[PDB]
Amino acid sequence: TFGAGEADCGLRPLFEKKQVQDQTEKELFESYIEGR
Amino acid sequence: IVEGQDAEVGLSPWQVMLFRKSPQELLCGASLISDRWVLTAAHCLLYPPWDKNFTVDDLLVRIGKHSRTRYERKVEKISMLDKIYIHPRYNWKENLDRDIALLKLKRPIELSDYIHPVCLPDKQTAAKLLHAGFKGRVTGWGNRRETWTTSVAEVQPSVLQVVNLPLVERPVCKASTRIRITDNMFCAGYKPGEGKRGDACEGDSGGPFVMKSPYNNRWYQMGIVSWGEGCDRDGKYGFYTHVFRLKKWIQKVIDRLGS
Ligand SMILES: C[C@@H]1CCN(C(=O)[C@H](CCCNC(N)=[NH2+])NS(=O)(=O)c2cccc3c2NC[C@H](C)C3)[C@@H](C(=O)O)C1
């Protein structure tokens, strides 16, 4: 385990590593620029 | 997961199922935070009001699944836990405070296209992502509505469920409940007026509440599915172990001392 990033961690092999986005990520990015 | 949807494949590659060994049943969710270590909720192992006090050979863990039901041969790992670390100031006799548990796998997992760790939050990602109205991602296999039961509770998804649900501000988490809140927990969900819905429910507990940092494109587990009054009631929110604050404990036990 590491805090902040075990190198590849939270980078999913099928999504970020293939630079594909999942079907609901934009809802979250939306929520981001609805705030700060 | 109430009002959620079926997840794409490879969506939470950190999703872990906490099963009873014999006779088999799904007890909780948990996540993979490295090829040895699983984080889940403490209530999953030890709830003394209900005589629940599960040991290392009551339990196994499955990894890399997408469907709840049938053995995905090429891709799933069953594994046995070597050890179980529950927080000492975990409080089952009230409000499930410090509700976190770490499970040591018997041997390392071989990471895969379907099995891969999630990160624990740093200071700065906790400071930048934890704001009211920002959404994170619950996933799990638990019931899709509140139930009692008949010969079975009917409510079980074939495939992994996703819901995205906004962080809620603390004096409203506070005032949603007669239960004592403590800084180790946060709530999330939609407010009565917002007319979107969704929530964890039973069998989703122990699972990840993750947020993606735009900054580096990584997913961080900010929460563990902790407790609720029922599932997706209105005026009511889900509560969630605040992983970052209990980062003192996590790094403790993993490095032996460590805090
Ligand atoms: C023993 C564990 C404690 C946590 N649980 C729960 O909290 C369930 C399920 C809610 C699901 N919805 C949600 N997460 N929004 N809600 S509950 O049925 O109202 C309840 C059962 C037993 C204990 C407690 C409960 N209420 C919160 C309280 C601090 C601890 C149960 C679970 O299995 O998830 C039982």
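In what follows, chains carry the letters A, B, and so on, assigned in the order in which the sequence lines appear, proteins first and then strands, with residues in each chain numbered from 1. Both ligands and their constituent atoms are indexed starting at 1 by order of listing. The figures that follow rest on heavy atoms only: side chains count, while hydrogens, waters and symmetry mates do not.
By its PDB name, the drug at ligand 1 is R-argatroban. Counting heavy-atom pairs under 4.5 Å, the chain with the most contacts to R-argatroban (ligand 1) is listed in the PDB entry as epsilon-thrombin.
Taking 4.0 Å as the heavy-atom limit, the other chains contacting R-argatroban (ligand 1) are B. Residues of other chains with a heavy atom under 4.0 Å from R-argatroban (ligand 1): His43(B), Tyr47(B), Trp50(B), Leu96(B), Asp199(B), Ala200(B), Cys201(B), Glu202(B), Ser205(B), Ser226(B), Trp227(B), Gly228(B), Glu229(B), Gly230(B), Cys231(B), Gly238(B).
Scanning all protein heavy atoms for the shortest distance to atom 32 (C) of R-argatroban (ligand 1) gives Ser205(B) OG, 3.7 Å. Atoms of R-argatroban (ligand 1) found under 4.0 Å from any heavy atom of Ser226(B), numbered from 1 in the order shown, are 4 (C). Those atoms of R-argatroban (ligand 1) with a heavy atom of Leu96(B) less than 4.0 angstrom away are 3 (C).
Heavy-atom contacts of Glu229(B) reach the following atoms of R-argatroban (ligand 1): 19 (O) (cutoff under 4.0 Å). Counting only non-hydrogen atoms and rounding to 1 Å, the UniProt active-site residue of chain B nearest R-argatroban (ligand 1) is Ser205(B), 3 Å.
R-argatroban (ligand 1) places these atoms under 4.0 Å from at least one heavy atom of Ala200(B): 12 (N), 13 (C), 15 (N). Annotation for R-argatroban (ligand 1): atoms under 4.0 Å from non-hydrogen atoms of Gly238(B) are 15 (N). Protein heavy atom closest to atom 26 (N) of R-argatroban (ligand 1), with residue, atom name and distance, is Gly228(B) O, 3.0 Å.
Residues of chain B near R-argatroban (ligand 1) cluster mainly in the UniProt domain Peptidase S1. Scanning all protein heavy atoms for the shortest distance to atom 11 (C) of R-argatroban (ligand 1) gives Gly230(B) O, 3.3 Å.
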